[PDB]
Amino acid sequence: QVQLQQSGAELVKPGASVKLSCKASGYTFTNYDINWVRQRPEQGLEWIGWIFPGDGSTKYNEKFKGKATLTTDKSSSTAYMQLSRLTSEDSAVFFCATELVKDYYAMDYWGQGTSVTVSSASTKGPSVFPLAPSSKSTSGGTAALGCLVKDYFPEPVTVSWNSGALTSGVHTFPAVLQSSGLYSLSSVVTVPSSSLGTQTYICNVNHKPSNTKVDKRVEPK
Amino acid sequence: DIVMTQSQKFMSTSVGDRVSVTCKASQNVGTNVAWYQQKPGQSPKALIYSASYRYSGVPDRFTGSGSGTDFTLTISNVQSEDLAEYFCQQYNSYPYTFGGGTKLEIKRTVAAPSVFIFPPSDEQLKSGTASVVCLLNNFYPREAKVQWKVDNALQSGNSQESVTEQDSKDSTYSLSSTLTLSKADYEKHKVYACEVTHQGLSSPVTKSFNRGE
Ligand SMILES: CCC(=O)N(c1ccccc1)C1CCN(CCc2ccccc2)CC1
């Protein structure tokens with residue numbers, strides 16, 4: 001199966017540079033273009049360019065000359081995009097994508113995106129607090145429990161439950177910007193109340209810019 | 001300067017109905033338009049290529065169409081899974097360009113929020129600060145008003161809230177609100193409550209707890 005695996009989230013000083021990577025697998029890397037795309041929620045989708053890993057040829061969107069530079073390492077089936085001269089306006093999510101066409105049947109594959117935050121502020125890792133289940137978070141035999149992921153910079157955190165084994169009933173809310181300029185976020189899940197004594201619920205919080213990993217067990221009280 | 005424009009920024013439809021988004025192209029592009037679906041936090045996924053036929057595994061609900069400069073994506077028998085932002089794109093000539101995006105909203109029956117409240121953890125209190133969380137789970141429509149009351153005094157300026165995207169399975173929303181106080185102020189008061197008003201509620205719902213449990 002084809003997979004494009006992109007590098008973690010970045011915090012970069014204004015004017016500086018950062019190298020994003022896109023690791024390909026499951027197919028012959030040298031036979032298809034890697035395309036790169038920018039998405040800014042405040043503007044939309046933009047195509048940056050393509051690179052063909054067989055011969056290293058490229059086609060850039062004129063707007064990104066001197067901002068982006070595409071390269072590939074065929075030895076490790078990895079594409080790269082060097083981002084340089086970033087302004088605070090350049091904060092964005094960057095996607096890599098490839099498409100395989102066989103007998104004119106086409107299938108696209110995308111990386112999961114890399115968030116780049118361009119700011120002079122220093123990074124801060126989150127504090128993770130349990131949202132304990134109790135009589136005040138039950139309804140019709142279901143129980144709500146969660147984690148509060150508080151005081152971090154920049155976005156994003158990734159939150160999972162039980163290393164990904166728990167996904168049904170999860171709501172991970174959009175983060176809010178506090179007066180301090182730090183972000184805070186809630187992740188909640190609804191589970192059966194009957195099984196609170198035998199099941200374990202752990203929110204896994206990961207924040208790449210501060211290399212912070214927390215596994216927080218959420219117990220009833 | 002080369003551009004692709006979708007007139008509808010937002011579209012609204014019920015489950016089971018047909019809907020279509022218009023994309024106009026500034027120059028002749030012929031077959032070489034693509035359509036994409038994107039859900040919040042996820043990568044785009046291509047639906048249509050050659051302006052007229054679908055990527056492998058895309059269901060027959062999605063039919064693209066157009067001739068030269070006028071293009072439409074049509075979704076028949078719309079499903080709650082189809083909730084997404086939709087983009088057109090031209091790949092005929094460089095630089096490649098996308099449309100501005102059309103968000104699909106699902107109309108459904110009213111659904112009242114299940115309301116839950118969480119006191120601060122002891123670990124947070126040791127850090128000198130106290131957050132109370134009020135959770136409104138799977139409700140519709142999106143409009144809901146949450147009021148924090150401490151010892152029955154209406155609070156303002158000390159809370160923040162956020163709402164989910166519309167749910168892909170039941171087309172509801174959920175809302176989280178956090179009231180944030182210092183430990184010292186938290187200990188000055190006894191009763192912490194969040195009061196919810198919503199169209200599905202005939203009367204406001206209050207969830208509350210007494211500090212010290
Ligand atoms: C900005 C990226 C972009 O434009 N694309 C893309 C999408 C995902 C991943 C890689 C590139 C295009 C998607 C459509 N294909 C059509 C190819 C085709 C035409 C006629 C018959 C069969 C196949 C061209 C590339």
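By convention in this document, chain letters (A, B, ...) are assigned in the order of the sequence lines, proteins followed by strands, and residues within each chain are numbered from 1. Whatever order the structure lists ligands and atoms in, that order sets their numbers, starting from 1. Determined via X-ray crystallography, 2.1 Å.
The PDB lists the drug found at ligand 1 under the name fentanyl. Ranked by contacts, the top partner of fentanyl (ligand 1) (the one with most) is named in the PDB entry as HY11-7E1_Ch2 Fab Heavy Chain. For fentanyl (ligand 1), the other chains with a heavy atom below 4.0 Å are labelled A, B. Considering only non-hydrogen atoms, atom 18 (C) of fentanyl (ligand 1) lies nearest to B:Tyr49 out of B:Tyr96, A:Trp36, B:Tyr49, B:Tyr36.
Between B:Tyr91 and fentanyl (ligand 1), no pair of N/O atoms sits closer than 3.5 Å. Per-residue contacts place A:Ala97 under 4.0 angstrom from the following atoms of fentanyl (ligand 1) (heavy atoms of the residue considered): 9 (C).
Residue contacts with fentanyl (ligand 1) leave out A:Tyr32, since none of its heavy atoms falls under 4.0 Å from the ligand.
Looking at B:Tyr53 against fentanyl (ligand 1), nothing comes within 4.0 Å, counting heavy atoms. The nearest non-hydrogen atom to atom 2 (C) of fentanyl (ligand 1), considering only A:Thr98, B:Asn32, A:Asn35, A:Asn61, comes from A:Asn35. According to the PDB entry, the source organism of chain A is Mus musculus. Of all protein heavy atoms, the one closest to atom 15 (N) of fentanyl (ligand 1) is A:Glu99 OE1, 3.0 Å. Residue contacts with fentanyl (ligand 1) leave out B:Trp35, since none of its heavy atoms falls under 4.0 Å from the ligand. As listed in the entry, the molecule name for chain B is HY11-7E1_Ch2 Fab Light Chain.
Measured on heavy atoms with a 4.0 Å cut-off, the binding site of fentanyl (ligand 1) is A:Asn35, A:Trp47, A:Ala97, A:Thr98, A:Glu99, A:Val101, A:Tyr104, A:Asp108, B:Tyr36, B:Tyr49, B:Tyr55, B:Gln89, B:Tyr91, B:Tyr96, B:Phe98.
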